[PDB]
Amino acid sequence: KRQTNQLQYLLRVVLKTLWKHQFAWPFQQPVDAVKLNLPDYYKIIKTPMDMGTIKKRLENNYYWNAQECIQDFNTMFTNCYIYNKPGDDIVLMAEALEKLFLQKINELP
Ligand SMILES: CCS(=O)(=O)Nc1ccc(Oc2ccc(F)cc2F)c(-c2cn(C)c(=O)c3[nH]ccc23)c1
């Protein structure tokens, strides 16, 4: 049986696949509430999360384990579902990314 590190797999396989997805671009940096005109965002969302922050955490030895990283991805998706209206384009984009994420995480070593 091959021994492959879970956090390494999360960086090189999982994050890489999601980052390249056509719907990844609104999730590659923190939400810019000022430019997007969402003045209530940082009041409703208490733990903001994005793939750019996850990428930095994976590169800067932040995570204790793979589950702490998985929680950051889940926070990013649920923040989107909490803030935005169902049926909004951004929600449809997050749902497609979350479906791909769950597929990739099923094959985690
Ligand atoms: C890179 C971060 S950014 O903030 O610098 N750029 C950025 C650009 C577009 C965005 O969304 C859109 C998507 C598809 C459209 F057709 C129009 C949009 F505006 C969002 C965006 C992200 N997220 C997570 C939300 O929850 C959200 N709610 C409302 C906007 C958003 C963020």
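All residue numbers given for chain A refer to the PDB entry; the residues shown span 57-165 in order. Read the numbers this way: they start at 1 and go in the same order the structure lists the ligands and their atoms. So how was this one determined? The header says X-ray crystallography, 2.1 Å. Heavy atoms only: backbone and side chains are in, while hydrogens, waters and symmetry mates are out.
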Drug choice at ligand 1 - namodenoson, risperidone, mivebresib: mivebresib
Main partner chain, mivebresib, name from UniProt: Bromodomain-containing protein 4
Other-chain residues near mivebresib (heavy atom, 4.0 Å): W81, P82, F83, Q85, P86, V87, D88, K91, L92, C136, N140, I146, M149
Would you mind running through mivebresib and noting each atom that sits below 4.0 Å from a heavy atom of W81? 1 (C), 8 (C), 9 (C)
Could any protein non-hydrogen atom be found less than 4.0 Å from atom 18 (C) of mivebresib? no
What are the atoms of mivebresib, with element, lying closer than 4.0 Å to any heavy atom of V87? 4 (O), 23 (N), 24 (C)
Mivebresib to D88 polar contact by distance, N or O atoms, under 3.5 Å: yes
Atom 10 (C) of mivebresib: the protein heavy-atom neighbour that sits closest, reported with distance to 0.1 Å: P82 CB, 3.6 Å
Okay, what organism does the entry have down for chain A? Homo sapiens
Look at atom 30 (C) of mivebresib and say which protein heavy atom is nearest, naming residue and atom and giving the distance to 0.1 Å. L92 CD1, 3.9 Å
What residue and heavy atom of the protein are closest to atom 11 (O) of mivebresib, and at what distance? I146 CD1, 3.7 Å
Sub-4.0 Å protein heavy atom near atom 15 (C) of mivebresib: no
Which mivebresib atoms does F83 reach within 4.0 Å, using its non-hydrogen atoms? 24 (C)
Are any of the N or O atoms of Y139 closer than 3.5 Å to those of mivebresib? no
Can you help me figure out which UniProt domain of chain A most of the residues touching mivebresib belong to? Bromo 1
Would you say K91 and mivebresib have an N/O pair spaced under 3.5 Å apart? yes
Which residue holds the protein heavy atom closest to atom 26 (O) of mivebresib, what is that atom called, and what is the gap in Å? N140 ND2, 2.9 Å
Can you produce the list of protein nitrogen or oxygen atoms under 3.5 Å from a nitrogen or oxygen of mivebresib, alongside each distance?
residue, atom, partner, partner atom, Å
mivebresib, 4 (O), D88, N, 2.8
mivebresib, 5 (O), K91, NZ, 3.1
mivebresib, 26 (O), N140, ND2, 2.9
mivebresib, 28 (N), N140, OD1, 2.9

